[PDB]
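Opening remarks: the structure here includes paromomycin.
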Amino acid sequence: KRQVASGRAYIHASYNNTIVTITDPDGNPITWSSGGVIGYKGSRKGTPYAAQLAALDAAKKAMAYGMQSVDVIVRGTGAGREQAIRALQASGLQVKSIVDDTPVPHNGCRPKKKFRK
Amino acid sequence: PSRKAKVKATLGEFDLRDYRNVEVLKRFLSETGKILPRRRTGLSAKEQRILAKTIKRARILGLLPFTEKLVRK
Amino acid sequence: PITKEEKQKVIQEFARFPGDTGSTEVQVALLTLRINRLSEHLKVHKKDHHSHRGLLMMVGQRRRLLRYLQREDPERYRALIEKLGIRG
Amino acid sequence: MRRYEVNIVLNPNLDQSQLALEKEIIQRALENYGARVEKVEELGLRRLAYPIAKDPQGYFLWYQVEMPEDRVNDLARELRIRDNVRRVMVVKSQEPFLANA
RNA sequence: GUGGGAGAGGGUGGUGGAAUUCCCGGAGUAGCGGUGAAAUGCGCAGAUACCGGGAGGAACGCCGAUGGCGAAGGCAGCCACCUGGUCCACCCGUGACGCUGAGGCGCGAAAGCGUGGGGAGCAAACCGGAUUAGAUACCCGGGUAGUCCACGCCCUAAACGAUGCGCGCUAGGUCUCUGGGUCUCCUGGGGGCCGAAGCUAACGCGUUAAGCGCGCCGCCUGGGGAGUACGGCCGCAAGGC
Ligand SMILES: NC[C@@H]1O[C@H](O[C@H]2[C@@H](O)[C@H](O[C@@H]3[C@@H](O)[C@H](N)C[C@H](N)[C@H]3O[C@H]3O[C@H](CO)[C@@H](O)[C@H](O)[C@H]3N)O[C@@H]2CO)[C@H](N)[C@@H](O)[C@@H]1O
Ligand SMILES: NC[C@@H]1O[C@H](O[C@H]2[C@@H](O)[C@H](O[C@@H]3[C@@H](O)[C@H](N)C[C@H](N)[C@H]3O[C@H]3O[C@H](CO)[C@@H](O)[C@H](O)[C@H]3N)O[C@@H]2CO)[C@H](N)[C@@H](O)[C@@H]1O
Ligand SMILES: [Mg+2]
Ligand SMILES: [Mg+2]
Ligand SMILES: [Mg+2]
Ligand SMILES: [Mg+2]
Ligand SMILES: [Mg+2]
Ligand SMILES: [Mg+2]
Ligand SMILES: [Mg+2]
Ligand SMILES: [Mg+2]
Ligand SMILES: [Mg+2]
Ligand SMILES: [Mg+2]
Ligand SMILES: [Mg+2]
Ligand SMILES: [Mg+2]
Ligand SMILES: [Mg+2]
Ligand SMILES: [Mg+2]
Ligand SMILES: [Mg+2]
Ligand SMILES: [Mg+2]
Ligand SMILES: [Mg+2]
Ligand SMILES: [Mg+2]
Ligand SMILES: [Mg+2]
Ligand SMILES: [Mg+2]
Ligand SMILES: [Mg+2]
Ligand SMILES: [Mg+2]
Ligand SMILES: [Mg+2]
Ligand SMILES: [Mg+2]
Ligand SMILES: [Mg+2]
Ligand SMILES: [Mg+2]
Ligand SMILES: [Mg+2]
Ligand SMILES: [Mg+2]
Ligand SMILES: [Mg+2]
Ligand SMILES: [Mg+2]
Ligand SMILES: [Mg+2]
Ligand SMILES: [Mg+2]
Ligand SMILES: [Mg+2]
Ligand SMILES: [Mg+2]
Ligand SMILES: [Mg+2]
Ligand SMILES: [Mg+2]
Ligand SMILES: [Mg+2]
Ligand SMILES: [Mg+2]
Ligand SMILES: [Mg+2]
């Protein structure tokens, strides 16, 4: 019970999962979804398919609030990153634009051993 | 690639040490705020070296971005 | 640092004749200048070694030139040392 | 003494009297630190790449100047004291360098 | 000497943004995370994902290079002060003042030690979860010293070009950094690749010699025992020579 109808779509994509959050233009979230919100449990959350279902669940819940068009913002490089975008592409939502906001350091913080090299 | 054009060619005469000229310097940044390599800027070693500096100065002053959000995609 | 007027001043002081630039006396005066300026810099910044090596090398050159001078013309040696106030 | 450039950026929101107030504060701080002012360019409001103290614009000032080297940093420190003073930078002036001269 | 040049060379004080974490607020809900797969873990005391505000510690993305600098160790955001080296041009000054260097002395990555701060992230030990025949490991979740600053020790190393320093002499071709020139070319200083002669056991080296010569230093003399024992010296200790 809001009636936002125009908003942002944040796609947070790791190698382990894909989380679609949908917000009003000021960034405050109305609904969200993930590979784990969809029935999946294990590694399968980081699946392109899982990403598709995440996105469509999110988009559905958004349109229920009255949502029309989104601004897509992609963070993270993972499988099903593009599948999420392609999912919202025709979700029954217009995609007004896509930005890649993936955070990068100017080299301030030491990585976990797994990420070093 | 980078054969679209070189930056040095598109611009005329201009002052590399001038950190306050925004329109001149912005031409040397990518979609992001990144400083283009020479194969883009078409500068020389000495040139590119001074460019890096003055671009950074401009950044601290707030005239140039440190980084910028990638659109389209 | 050292401005050109400082240099010119100490040169004209220690020059053997008008226009003497590189005679042993003027070389030792100049070395003593840069040396004492450096040592003053190294009172503070006691943690800057890369310069300290410089100082060592300067002292080296100076000591060698003073050894040369003492060998060739002892009188000029004494003169120079006294004027500069070094070595004792 | 040496030749420096004092870049000042102020709050875009200052009214006239507060602006000239800040500028006079600058004049005084310069004189007291012994800085003789050779050239001045007041660019005023300009949009910035990123926000500075949450404000999207900034008020630009440029002073070509000659001052004793030893004093410079101190002066800089003084300049940064004011709240209205957003950014301060001091550059040793240089002969320009031209590409495609 | 004079006049020009380039550089992450060094020290001090400021300073800038990105990111991580933490705190407060908003909005929001059923999971997040992680792996080969999981589990521990975190989450209804509302996490994850999103916006806003704040605090802090550390490291500086693009430029960035097969690049530069330094005696080496090493050196990378920006700014100012201080400061070492160095190269080119002029051919002005001194008049062999040179070279090397036992011992001495100074420097000397990391880890480690002392004192005092600091502590975001990472992380020896350690505590768990996995895996396995076991797993005192690899993988996952935590996590202390530490990693950070000051001062003081420590003196090691694949401290490597595994190549001491200086000087003279011996085809060129090519790429590059930086000076100067009457600037298609000439000329220096530096970093690379192929290669004359020549060297080399071979690999390779080859005007950046591992070629031809001269000076001086350090060093070697089969493998194991062993960088051990003892002695001395150094060190707070670990330990070093
Ligand atoms: N930029 C200052 C530099 O500080 C160096 O060392 C300084 C810095 O390490 C440190 O300054 C402050 C410190 O007081 C304060 N307690 C915390 C703060 N984060 C530090 O600042 C610094 O921290 C580290 C360096 O360790 C950097 O990664 C960071 O960028 C910088 N902001 O404390 C030291 C004393 O001021 C050197 N003196 C010199 O390079 C220069 O002055
Ligand atoms: N290395 C420091 C950096 O020097 C650069 O500039 C440096 C160089 O461009 C310049 O080189 C000059 C040279 O032009 C001039 N013709 C002769 C002079 N001796 C040289 O200076 C050199 O030697 C002296 C000792 O005599 C040192 O004090 C100084 O650090 C060193 N650069 O000296 C400057 C100071 O070192 C940066 N602009 C500066 O920001 C930064 O501090
Ligand atoms: Mg997963
Ligand atoms: Mg020597
Ligand atoms: Mg430096
Ligand atoms: Mg931050
Ligand atoms: Mg909250
Ligand atoms: Mg539980
Ligand atoms: Mg925030
Ligand atoms: Mg070398
Ligand atoms: Mg500044
Ligand atoms: Mg004569
Ligand atoms: Mg020697
Ligand atoms: Mg002694
Ligand atoms: Mg050490
Ligand atoms: Mg250490
Ligand atoms: Mg402590
Ligand atoms: Mg951890
Ligand atoms: Mg661990
Ligand atoms: Mg274990
Ligand atoms: Mg087995
Ligand atoms: Mg077990
Ligand atoms: Mg300690
Ligand atoms: Mg220490
Ligand atoms: Mg090596
Ligand atoms: Mg070599
Ligand atoms: Mg070398
Ligand atoms: Mg030229
Ligand atoms: Mg090198
Ligand atoms: Mg042959
Ligand atoms: Mg080979
Ligand atoms: Mg060869
Ligand atoms: Mg060569
Ligand atoms: Mg041989
Ligand atoms: Mg031996
Ligand atoms: Mg031995
Ligand atoms: Mg035997
Ligand atoms: Mg034997
Ligand atoms: Mg041993
Ligand atoms: Mg013993
Ligand atoms: Mg003892």
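In what follows, chains carry the letters A, B, and so on, assigned in the order in which the sequence lines appear, proteins first and then strands, with residues in each chain numbered from 1. If you're wondering, the header gives X-ray crystallography, 3.4 Å. Be aware that this covers only part of the deposited structure, with contacts counted strictly within it. All values below were derived from every heavy atom in this structure, side-chain atoms included, with hydrogens, water molecules and symmetry-related copies excluded. Just so you know, ligand 1 is whichever comes first in the structure, and atom 1 is the first atom listed for that ligand.
Copies included, the model assigns paromomycin to ligands 1 and 2.
Most-contacted chain for paromomycin (ligand 2) in this structure, per the PDB entry: 16S ribosomal RNA. Under a 4.0 Å heavy-atom cut-off, the other chains found next to paromomycin (ligand 2) are C, E. Looking at the PDB entry, one finds chain C under the name 30S ribosomal protein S15. The heavy-atom binding site of paromomycin (ligand 2) at 4.0 Å consists of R34(C), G4(E), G5(E), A6(E), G7(E), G9(E), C82(E), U83(E), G84(E), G85(E), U86(E).
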